[PDB]
Amino acid sequence: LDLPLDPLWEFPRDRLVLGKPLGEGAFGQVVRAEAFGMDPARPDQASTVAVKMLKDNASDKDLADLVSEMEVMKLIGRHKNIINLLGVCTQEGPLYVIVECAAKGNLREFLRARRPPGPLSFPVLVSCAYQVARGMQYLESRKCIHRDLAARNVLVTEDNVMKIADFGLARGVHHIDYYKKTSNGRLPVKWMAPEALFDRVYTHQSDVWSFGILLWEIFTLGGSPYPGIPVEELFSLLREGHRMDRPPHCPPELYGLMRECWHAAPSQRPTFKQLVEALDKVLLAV
Ligand SMILES: Cc1ccc(C(=O)Nc2ccc(CN3CCN(C)CC3)c(C(F)(F)F)c2)cc1C#Cc1cnc2cccnn12
């Protein structure tokens, strides 16, 4: 190891107390940790953080993936609705990528655990939707494309604030593998815009399509999209302009939003800037 030292981002690893694993990724692993003095004004002050390090039985490509990921994260910048990079540990030990801890975990499982027999009110549901749209609007302003916007990649803090993250996906040979079923049985192709799935074209508008799927997940309280459609059957359905039906207890105002995001033509889909405005109008009204 001979990784460069960026004092701006560098944090002493001895100021980290590692704890509870939060999840195994495809090249890294996220663990919960206590950090001391993340704020140099309060150097003995504890704070809860999440640390990404290399997975067990890791190769040289995995290290390059975690390094490239670290380099991208340094440029993302700070915004209330995107995961915030706090520091890194690159010197005299294993490579650590530190971000803020979102105490309530990923949005999919946050929603799934809070299904009524209720903890989730409709205006809190709109807020989750609005917050994710706000984060995405920031990403697009920084010319950043997500490629895999889903509820499972959005995190929930103790205060129910949404933070866009990116944990997946497995690599194929030369490109990302969207077809591989995740550990949690998720099929990533179900969030893919037609131009991303059929033409390998990724824009902010393809992320808009993905947002429409994420919206469906919020308003089904963590439902899996196209509830019983194998991925082979899904392709014809999409080509032929068929879209998911309005869910059991989803207001038309929000289902209409999903439909705008799923317009076959990327140019006829709204922008994240227009989605923030329409979700703010719904949130204010409710
Ligand atoms: C430790 C850690 C490290 C990294 C990341 C991470 O998400 N990195 C990230 C990488 C890239 C991108 C953007 N790209 C997308 C692809 N794209 C093609 C290029 C740009 C983004 C994004 F947020 F901007 F989207 C984030 C999250 C965590 C976490 C955590 C955490 C906190 N609480 C909990 C609780 C349970 C589980 N985890 N956890």
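Chain A residue numbers are taken from the PDB entry; in order, the displayed residues are 452-568, 582-750. Keep in mind that the numbers below use all heavy atoms, side chains included, and drop hydrogens, waters and symmetry copies. We count ligands from 1, going down the list as the structure has it; atoms in each ligand are counted the same way.
Going by UniProt, the chain with the most contacts to ligand 1 here is Fibroblast growth factor receptor 4.
The drug placed at ligand 1 in this model is ponatinib. Binding site of ponatinib, heavy atoms within 4.0 Å: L473, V481, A501, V502, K503, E520, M524, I527, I534, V548, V550, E551, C552, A553, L603, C608, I609, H610, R611, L619, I628, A629, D630, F631. Contact atoms of ponatinib toward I534: 6 (C), 7 (O), 23 (F), 26 (C) (distance under 4.0 Å to a heavy atom of the residue).
Residue contacts with ponatinib: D630 is placed with a nitrogen or oxygen under 3.5 Å of a nitrogen or oxygen of the ligand (distance criterion only). Of the protein's non-hydrogen atoms, the one nearest atom 5 (C) of ponatinib is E520 OE2, 4.1 Å. Set against the non-hydrogen atoms of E551, the atoms of ponatinib under 4.0 Å away are 32 (C). Proximity to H610 (heavy-atom distance under 4.0 Å) selects the following atoms of ponatinib: 15 (C), 16 (C), 17 (N), 18 (C), 25 (F).
The contact set between ponatinib and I628, taken as ligand atoms under 4.0 Å from a residue heavy atom, comprises 23 (F), 25 (F). Looking from atom 13 (C) of ponatinib to the surrounding protein, the closest heavy atom is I527 CD1, 4.1 Å. Near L603, meaning under 4.0 Å from one of its heavy atoms, ponatinib places the atoms 24 (F). Less than 4.0 angstrom separates some heavy atom of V481 from each of these atoms of ponatinib: 1 (C), 30 (C), 38 (N). The contact set between ponatinib and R611, taken as ligand atoms under 4.0 Å from a residue heavy atom, comprises 18 (C). Most of what chain A uses to contact ponatinib comes from UniProt domain Protein kinase. Closest UniProt active-site residue of chain A to ponatinib, with heavy-atom distance to 1 Å: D612, 6 Å.
Under a 4.0 Å criterion applied to the non-hydrogen atoms of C608, ponatinib contributes the atoms 20 (C). Note: an N/O pair closer than 3.5 Å links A553 and ponatinib by distance alone. Looking from atom 2 (C) of ponatinib to the surrounding protein, the closest heavy atom is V550 CG2, 3.6 Å.
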